[PDB]
Trainee: 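A structure from the PDB, with dexverapamil included.
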Amino acid sequence: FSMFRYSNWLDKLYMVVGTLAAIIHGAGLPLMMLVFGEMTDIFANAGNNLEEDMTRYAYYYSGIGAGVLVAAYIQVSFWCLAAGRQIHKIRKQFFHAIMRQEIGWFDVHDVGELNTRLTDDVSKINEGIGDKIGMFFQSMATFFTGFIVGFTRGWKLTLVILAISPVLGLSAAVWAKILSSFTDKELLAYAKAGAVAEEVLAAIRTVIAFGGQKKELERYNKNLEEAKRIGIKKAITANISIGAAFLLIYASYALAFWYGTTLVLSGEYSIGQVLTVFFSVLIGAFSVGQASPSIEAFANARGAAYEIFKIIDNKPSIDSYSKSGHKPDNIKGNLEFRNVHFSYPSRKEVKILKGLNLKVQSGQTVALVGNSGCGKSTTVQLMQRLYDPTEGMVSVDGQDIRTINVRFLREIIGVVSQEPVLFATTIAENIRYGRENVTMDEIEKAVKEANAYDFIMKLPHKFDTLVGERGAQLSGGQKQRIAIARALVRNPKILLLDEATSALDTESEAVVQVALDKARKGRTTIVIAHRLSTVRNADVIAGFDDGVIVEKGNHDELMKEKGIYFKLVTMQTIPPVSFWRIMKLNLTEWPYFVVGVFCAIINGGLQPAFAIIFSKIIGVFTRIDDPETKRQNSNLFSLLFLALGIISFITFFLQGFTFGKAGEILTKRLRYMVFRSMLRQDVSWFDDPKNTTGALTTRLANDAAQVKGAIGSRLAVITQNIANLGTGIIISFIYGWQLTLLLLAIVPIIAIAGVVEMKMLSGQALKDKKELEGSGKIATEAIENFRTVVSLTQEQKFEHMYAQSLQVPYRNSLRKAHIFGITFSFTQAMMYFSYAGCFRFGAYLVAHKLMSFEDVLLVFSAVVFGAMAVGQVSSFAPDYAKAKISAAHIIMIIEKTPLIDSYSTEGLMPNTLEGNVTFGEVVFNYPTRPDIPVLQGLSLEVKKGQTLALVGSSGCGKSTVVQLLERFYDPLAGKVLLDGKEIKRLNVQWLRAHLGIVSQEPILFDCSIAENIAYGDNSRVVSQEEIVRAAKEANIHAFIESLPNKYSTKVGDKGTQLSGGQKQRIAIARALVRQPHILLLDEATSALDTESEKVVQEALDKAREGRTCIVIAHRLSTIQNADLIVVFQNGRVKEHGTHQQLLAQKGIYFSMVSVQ
Ligand SMILES: COc1ccc(CCN(C)CCC[C@](C#N)(c2ccc(OC)c(OC)c2)C(C)C)cc1OC
Ligand SMILES: Nc1ncnc2c1ncn2[C@@H]1O[C@H](COP(=O)(O)OP(=O)(O)OP(=O)(O)O)[C@@H](O)[C@H]1O
Ligand SMILES: Nc1ncnc2c1ncn2[C@@H]1O[C@H](COP(=O)(O)OP(=O)(O)OP(=O)(O)O)[C@@H](O)[C@H]1O
Ligand SMILES: [Mg+2]
Ligand SMILES: [Mg+2]
C-alpha cells in the first residue's frame, strides 16, 4: 500500500506545491552556509567599501531568509491542509462502509476492536501523512543541496566530510538499537514484578483475609532488585550513547579544523570556504539522520492504512445503500420459509437451522414454539434478512427476499427484539428516528396506542425528554413500550415481537399484549413470548425443533396433539503536587547527585568552551601576523577541541552513571513504598473505580518513569541549560557589549518560537482528540447497536449525523493547520533574519575599530549554537507536566493512610476468644452507593458450640454480612461486639488469622499447591506434614497425591488446570490448615458435583467440632446442617430460630423448603 493518497487529484496539486516549497526551504540552508562563508571570507580579508560589501551580504541573507520563510509557510500549510482533507474523506468513507457492512460480518469482528481501530488509525494516518512527509522532503532537499554546495566548494574538504559522516551515522544507529534493546529487556524484566503486583491486587480480598502482604512484598522486592539493576544499566547506556555521539561530533570538528588549516596554509580554499563546506556537510548529515521519524511514521501509517482500506474496500453481500432489488408498492401478507437451513457464521460447525417448512398468511398472528436455542430468534433474524439460508428458500408475497429491494423491505418491516435498546436521544428523537415522515400525528397515535402518554408526558420535556447515556433514564417497561411505539410508527406491512414483558413483570405484559392485539389485522404479527398465556390466544401457532418444525396448530390443537407445546403447558402448571516533597530521594543520592550536577555543569561549559575554541581557531587565520608557526598554535587550539571531546564523553560516563543509579533507586523506593501503601489500604478504598485493578497496575507501572524523569532529568536539563546560558552570556559580555545586546535580543525570539511550537502541538493534539471523541460518541452509539440500526434501515441518518459531526471540526482542523504552518515558517524566518542582522551589526561595530571580528564571531557562534543545543537538551528530557502530574498522584497515593490500619501495632488481643459474636441494629450499605442501605438493623448472635446459617435474603447482601464480620468495611450504624468485646478495638492481624473465612469462587494464586496451602497463615511455618493432614481432612490428601507432582505441583493462572471443584477443595484445605477457631463458608457449594459437594460439607461439619461455623448455602441440606438458622429480609431478620420452627412458619423459609 505504498501509494496511499487516493482522493482529490485537484487537491493533489496542493501536495505538489507543498513538496516544491519544502524542497526550496530545504535547499535554502546550504545557500545560507555559502553566503555565510562568503561573508566570513570578506570579514577576514577586511582584517587582512567594507560597509558596502557587508550591506550586500546582509541583503542577500535577508532575501534568502524571507524566501525560506515563504517557502516553509506555503509547504507546511499546504501539506497540513491537504492531509487534513484526505483524512476527513477517509474517515467519512470508512464510517459509511462500516455502517454499510454486513451484520453477520460485524458479529464476526469485535465491535470494540473495530471502534478502537477506527478512532486510532484515523489519527495514525493523519500523523503519518500530515507533515512528516513534508519534513522528510525538506530534509532530503537539505541533504542534496548541502552535498552539492560541498562538492562545488572543494574536493578535499568534501571528501573528508563524506568520510566522517558515515562513522557518525553508524554510531547513532548502534546506539539507538542498543537503547531499544535495553528498554525492551527492562520492560520484560519488570513484567515479573508487575504480574506479582497484579495477582496480589486482584486477590486483594483473599490477601487481606490471610494477611499475607509480607510474602508478596518480599517477592516484589526480589523482582525489583533485578528490575532496578536493568533500569540503571539502560539509563547508563543511554547517557553513554549521548556522550559518545557528542564526543564523535567534537572529534570530527577537530579533524576538519586541522585538515582545513593544513589546506589553507598550503594555498587551498580560504577559511570562509572551508568553514562553509564543513558546516554545510555536517548540517546535511544531521538532516539526513533527523529524517528518520518521518519514515517511521510513514511505515506505521502504511500498515494502519492497509488494514483500514482492507476493511473499507470489503464488498458486502448485503448492502444497505444498494437498490438493485425490486420493491412492489402493494405488499400482501405472505411469507414462505421452505427447507431453510441457516448456521451462524460465528459458529459454522453447528447448523442452527437445518431446514424447515413454514408459511405465513396476511395479518396472521403467527406464533413460534420451542425452547432456548430452538431457532426462534435466529429464525426471525433470517426472516428480517439479517442473514441468508445456508440451504433453503425464503420468500415474501411470492417473491424472494433477496430478489426485492432490500431497503424497501427493511423499511416496510418491523422487528422488536427481546432486549430492545433506544439511542441516547430524547424519546421524541428516538421516535422520529423510527419514522421521520410521521408528520407529528403518527407520534401521538403511537403514544396513545402503546399507552405512551402517562410515562412519556411525566418526564421533563414530555415529548423531548432526554434519555441518559444508553437511555439510563427509562425503565424496562417504559423502554419496551417506547420500542413498541417506535415499531408501530413505521406501520410496517408485517411486524415481529419477542419477549413482550420478559423484562421485570407481567404488569406491562397485559397492556403490551392488549396494545399489540389491538392493531394486528392489517399486518402479520410474528408472536414470540416466554409465557404460554399470550401464546394460547395466537390465531396460528407452529412449533420448532432442532432446526425443523414438527408441532403445529392453534393452542387448542396443540394441546390436543399433546406435543412439545403441551409439555411446556404442563411445565407451567486532581490534588496539588509538592515540589519539595519530590526531593524524597535525597536520602539516597544527595551526595551522589553532586557528581551528576558536576557532569551537567561540565557539559554546559563545554558547549561554550567549544564556542571559544572555535573562536580562537577562526582568529588564528584572522590573525594578520599569520606566521608559519601559527599552524602549531592552530594545532594547539585544534588539540584543545579533541581534549574537550574527551571531557564530554567522560562527563556522560558520569551523568548516566549517577542519575541512573539514583533514578532506579528512587523508582525502587517508590515501588517498595507505593505498592506497600496499597497493601496498608482499607478494603473500603479498594471499592472504587479509581482504584481499579488495571488502573492501579498501570499507575504502579507507568509512574516510576514519570517520577524518575521529573526528579532527575528535570534538574539535569535545568542545570545544563542554565550553565550553558550563563557561560555563553558571560563570555559574550566580556568579549564585547553591543554585539552581546544584539544576540540577546535575537536568540530569545527563536527560543520562544520553538517553545510555542511544542505548546501549539500539544494544544492541537488535545483539541483534535476532543473533537474526534465528540464525533466518536455518536459513532460508537451507532456501532454498538448496529443490529438495531440495520433493522431500522436508517443507516443514512447516522451517516448524515457523522458527516455533520466531522464537518463541524473539519474547518477548525484546517484553520489550526494553516496557523501552525504559518508559525513554523515564522520560526525559520526569525532564525535567518537574526543570523543576517547579527553579522550586519557586528560588521558595523568592527568597522568603527571597536570590536575585533574574532570576538564578534565568538559571541555570535556562542549565542546561536548554545541556544540550539540548550533547546535540544530541554527537548531530550521527557515532558515535565505529565511527569509532574504522575508524581503528584503517586505522592498522594503513598501519603494516603487507611481509616483502619491493617498494619497497626496496637490492638486488643486477649488470651483467647469466647467463640461468640453479636450484631444488633446493624446498618451498612456500601461505599460506592450509599443510597441503598443494605442492613436495616438486623439482629444476629453466635455463641460457643453453635453454627450459624443465613437464609431469607439471598441477594440482600448476605455476603456483606460475612465481609463486615471480617472487618472488611465499617458499619453505617448498629452495635457490634466480638464475643462481648470491641471488634474494632481488637487486634489487627489476630482477627484476620483467627477466622477461617472462605469465598464463593476462591481464586488460587498461581503458585505451588503446597505454597497455596501454606498461604493460609504466614508468620508460623507450615510443615509439609501439616499440609498433608489438612488435605486428608478436606478430602485433598487423595486429591493432592493423585495430582501430578503431589503437593509440588503449582496451579496455573487461577488454577486453569483444575476445575472449580478442585479450586474449592484446595481453598477448604487451606482454611483447615489455618486451623481457625471460627470458620465461615459463603455459597462455596453451588452444584460442584452435588455428591462431592455433600461429601465436602459433611467433612466440614466434622471439621466444625470445637468451632463456630457460619454457613451460607442454597442447599436444603445446608439449612438442615446448621445448628442455628437466621433469615434476612428488608435488611432485617424476617425469620430466625430452629429449622423445625422455621419450616412450621409460613415465611420465606417455608416457601424455600417447599419449592426446593
Ligand atoms: C530538524 O532538526 C534540525 C533543525 C535545524 C538544523 C540546522 C542548525 N543550524 C542552524 C546550525 C546550528 C548548530 C548545530 C545545530 N542544531 C549544533 C551545534 C553544536 C552541537 O553540539 C555538538 C550540536 O549537536 C546537538 C548541533 C548544527 C551544527 C548541527 C538541523 C536539524 O537537524 C538536526
Ligand atoms: N454466533 C452464534 N453462534 C451460535 N449460536 C448462537 C450465536 N448467536 C446466538 N446463538 C444462539 O443460538 C440459538 C439460535 O436459536 P434462536 O435464537 O433462533 O432460538 P431461541 O431458542 O429463541 O434462542 P435463545 O436461547 O437465544 O433465546 C440461540 O440460543 C442464540 O442465543
Ligand atoms: N462497593 C459496592 N457498592 C455497591 N454495591 C455493592 C458493592 N460491593 C458489592 N455490592 C453489591 O452488594 C451485593 C453483594 O451481596 P449479595 O446481595 O450478592 O449477597 P447474598 O445475600 O449472598 O446474595 P446472592 O447469593 O444472591 O448473590 C451485590 O448486589 C453486589 O452488587
Ligand atoms: Mg430467543
Ligand atoms: Mg452470595
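By the PDB entry numbering, chain A shows 37-84, 106-630, 692-1274, in order. Only this structure's heavy atoms are used, side chains among them; waters, hydrogens and symmetry mates stay out. As the structure lists them, so they are numbered: ligands from 1, and atoms in each ligand from 1.
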Trainee: Enumerate the ligands or chains belonging to dexverapamil, duplicates included.
Mentor: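 It's found at ligand 1.
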Trainee: Which chain is the largest contributor of contacts with dexverapamil here, and what is it called in the PDB entry?
Mentor: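 The chain with the most contacts is ATP-dependent translocase ABCB1.
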Trainee: Per the deposit, which organism was chain A derived from?
Mentor: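 Per the entry, it comes from Homo sapiens.
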Trainee: Enumerate the transmembrane segments of chain A, UniProt order from the N terminus, that have a heavy atom less than 4.0 Å from dexverapamil.
Mentor: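 Per UniProt, and measuring heavy atoms only, that is 5, 6, 12.
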